[PDB]
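What follows is a deposited structure in which one can find apramycin.
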Amino acid sequence: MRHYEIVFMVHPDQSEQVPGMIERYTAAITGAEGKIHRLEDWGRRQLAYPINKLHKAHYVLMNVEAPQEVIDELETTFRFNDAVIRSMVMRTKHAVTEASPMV
Amino acid sequence: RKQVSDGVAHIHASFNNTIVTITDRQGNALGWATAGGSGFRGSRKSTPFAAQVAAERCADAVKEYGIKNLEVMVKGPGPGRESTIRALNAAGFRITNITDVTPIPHXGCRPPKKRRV
Amino acid sequence: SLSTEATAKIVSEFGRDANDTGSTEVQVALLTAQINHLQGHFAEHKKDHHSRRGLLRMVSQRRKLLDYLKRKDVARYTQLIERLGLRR
Amino acid sequence: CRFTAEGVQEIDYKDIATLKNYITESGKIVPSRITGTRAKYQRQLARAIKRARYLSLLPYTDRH
Amino acid sequence: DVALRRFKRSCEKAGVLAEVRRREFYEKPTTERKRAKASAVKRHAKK
RNA sequence: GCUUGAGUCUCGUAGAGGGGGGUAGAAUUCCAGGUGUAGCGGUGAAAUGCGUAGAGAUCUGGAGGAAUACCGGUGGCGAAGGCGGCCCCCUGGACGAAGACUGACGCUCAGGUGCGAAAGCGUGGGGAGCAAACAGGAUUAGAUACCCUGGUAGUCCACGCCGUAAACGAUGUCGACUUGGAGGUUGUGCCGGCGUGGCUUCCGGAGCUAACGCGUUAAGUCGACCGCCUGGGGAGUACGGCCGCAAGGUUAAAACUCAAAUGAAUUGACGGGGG
Ligand SMILES: CN[C@@H]1[C@@H](O[C@H]2O[C@H](CO)[C@@H](N)[C@H](O)[C@H]2O)O[C@H]2C[C@@H](N)[C@@H](O[C@H]3[C@H](O)[C@@H](O)[C@H](N)C[C@@H]3N)O[C@@H]2[C@@H]1O
Ligand SMILES: [K+]
Ligand SMILES: [K+]
Ligand SMILES: [K+]
Ligand SMILES: [K+]
Ligand SMILES: [K+]
Ligand SMILES: [K+]
Ligand SMILES: [K+]
Ligand SMILES: [Mg+2]
Ligand SMILES: [Mg+2]
Ligand SMILES: [Mg+2]
Ligand SMILES: [Mg+2]
Ligand SMILES: [Mg+2]
Ligand SMILES: [Mg+2]
Ligand SMILES: [Mg+2]
Ligand SMILES: [Mg+2]
Ligand SMILES: [Mg+2]
Ligand SMILES: [Mg+2]
Ligand SMILES: [Mg+2]
Ligand SMILES: [Mg+2]
Ligand SMILES: [Mg+2]
Ligand SMILES: [Mg+2]
Ligand SMILES: [Mg+2]
Ligand SMILES: [Mg+2]
């Protein structure tokens, strides 16, 4: 199991689906013996530039420990979920539990 | 014919020529002038003076619309960068903001080969 | 590279101890483990020439260690190449 | 170098207020020779800014 | 004229016209490396 | 036998090292539409070209390819060739600390084998930009050029081939030893200093060198092994062999001919070099 930092940006219209998305994704992680070391719903932020004409998006940050397989699966989920406008999965060396600079 | 008040002067300052196009803020053109169409060919076309005259003739082209405010968008390396803006201020437009909009690739396409003059 | 756990398993199987990491048998077993592991990599990544240079060093090092072991102790050599399923 | 002076481990792409000090008005990454950042931290900073730009936490350019 | 002098200075700061002049023609990587080395040796001779 | 060479293990560090996949933003081009109207473009000057069938400019939307500004650095990594957005996956090497382990397991290497820029070649894709060829416009005594407007191969991808470059540090690899000074980069010990490693620059001492220069990253002082040279031209050519789809590569002469060819530095003179 490896440590990953996941940021996903949701379409501001589907801001109300984000609690549902989080509980779905975190269940997919913990289902396969993973751990959510950090979750932060940053909410709707102004984008620094437009993405698909959107000037805002709803950011979620997740630091996760998980098998590679379920993270690959969560990446496919992001790709095909139309609500998720952008995502970034990054490997981290260790688990990050502390508050982000956003909170 | 219709009134606008606040438009945008687009200065296309190339090495060879200066095109001045005054648009509204939706980017719909109202009028335009060029150094090359202002009585300047060859060496003289690519000068700040010829660009000034182009700026003046463009102001004449948009006087019907009754523009008072211009945002100035400057595009390119040419001699008519500064002289065009001075001439627009001198025509009695209020210059509200000057942006450089010169396109820069973040790498982009391979440019033409160097000239062996 | 070989994981900490896979390394330690090979050291246990082939050494005289957990400390016996230097033994020719351990070294050859470790090189053999990674040579065998990397066959899957190079099956997929046929044009990874840079990594393959590291593989060919492992192969050459193993050959030199086996040739050392053969001339020092033929019976240890015979046992080792049997356990690891090497031709020579 | 602020980052050495604070014993910073890795620069965070998320720490936008920090990163804003090392970009110009245009959005361009400021050279280490201007800012006095150490080479090791300049490289982390460049990566962090590029990650922040991808997530649209920083602008690539002043004229998007 | 203050705001125009301010625009001028902002363009010099951003290095727009240096960037345009650089990108007018293709420089071979050999030529780029040769001038980078020339700039390094000159900057060293400054010291 | 031994542990000092050479390896293994443990923890960690930096990195455009490699392979695969994904993705982002800027820009160019094109397509469609809006505004708009006589120019645009180009040059030393022009013209070809483009434009009233509405260009250029400007705005909106779309398509597509290629490359990744800034960071960026006598910065880094790699055996060399080379490698630069970001993210993931697979993967190679280097280095440091402290300790354990093996016990000369080493160095070099003809033949052999592998890798090997760009161009080129084959098959299948792709094609924005650039651009051999080519076309037109100039320039010119001419101008099969330089300049301009276009533009095909190609440049891109997959797989296979080619096997060469001023593939250069024009400097083979390995080891040891021999005053200094100033930097960069990357570890690390101890208390901002003081050390101690790796890599990498500049200057310079002895010494060496024809000189230029090199100078602990030696071209110094030595040792091991390999490669290569033997006047210029003819010629890296011919012929033969081998290799290659080809282009060609590789190995490699002779006749004949000349009394030089050459290196470095010196004084002039000269320059459409500078001051
Ligand atoms: C300190 N090492 C340098 C070497 O570096 C090369 O080999 C090293 C390995 O040993 C590498 N680490 C390095 O990356 C690589 O570049 O290149 C040579 C090239 C040679 N013409 C001469 O240059 C001189 C010039 O010839 C002269 O004209 C100039 N004025 C001064 C130069 N030093 O001396 C240098 C010098 O010996
Ligand atoms: K999506
Ligand atoms: K041998
Ligand atoms: K073409
Ligand atoms: K001399
Ligand atoms: K040797
Ligand atoms: K040799
Ligand atoms: K002769
Ligand atoms: Mg041109
Ligand atoms: Mg790696
Ligand atoms: Mg190196
Ligand atoms: Mg050979
Ligand atoms: Mg090629
Ligand atoms: Mg082809
Ligand atoms: Mg062309
Ligand atoms: Mg041409
Ligand atoms: Mg050769
Ligand atoms: Mg080279
Ligand atoms: Mg070189
Ligand atoms: Mg050579
Ligand atoms: Mg020296
Ligand atoms: Mg010599
Ligand atoms: Mg031949
Ligand atoms: Mg032959």
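In what follows, chains carry the letters A, B, and so on, assigned in the order in which the sequence lines appear, proteins first and then strands, with residues in each chain numbered from 1. Quick note: numbers below take in every heavy atom, side chains included, and nothing from hydrogens, waters or symmetry partners. Be aware that this covers only part of the deposited structure, with contacts counted strictly within it. In each ligand, atom 1 is the first atom listed, and ligand 1 is the first ligand listed.
- Copies included, the model assigns apramycin to ligand 1.
- Lab note: main contact partner of apramycin (name per the PDB entry) = 16S rRNA.
- With heavy atoms closer than 4.0 Å, the chains neighbouring apramycin read F.
- For apramycin, the residues with any heavy atom closer than 4.0 Å are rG169(F), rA170(F), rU171(F), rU201(F), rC202(F), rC214(F), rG215(F), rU217(F).
- According to the deposition, there is no covalent link from apramycin to a chain.
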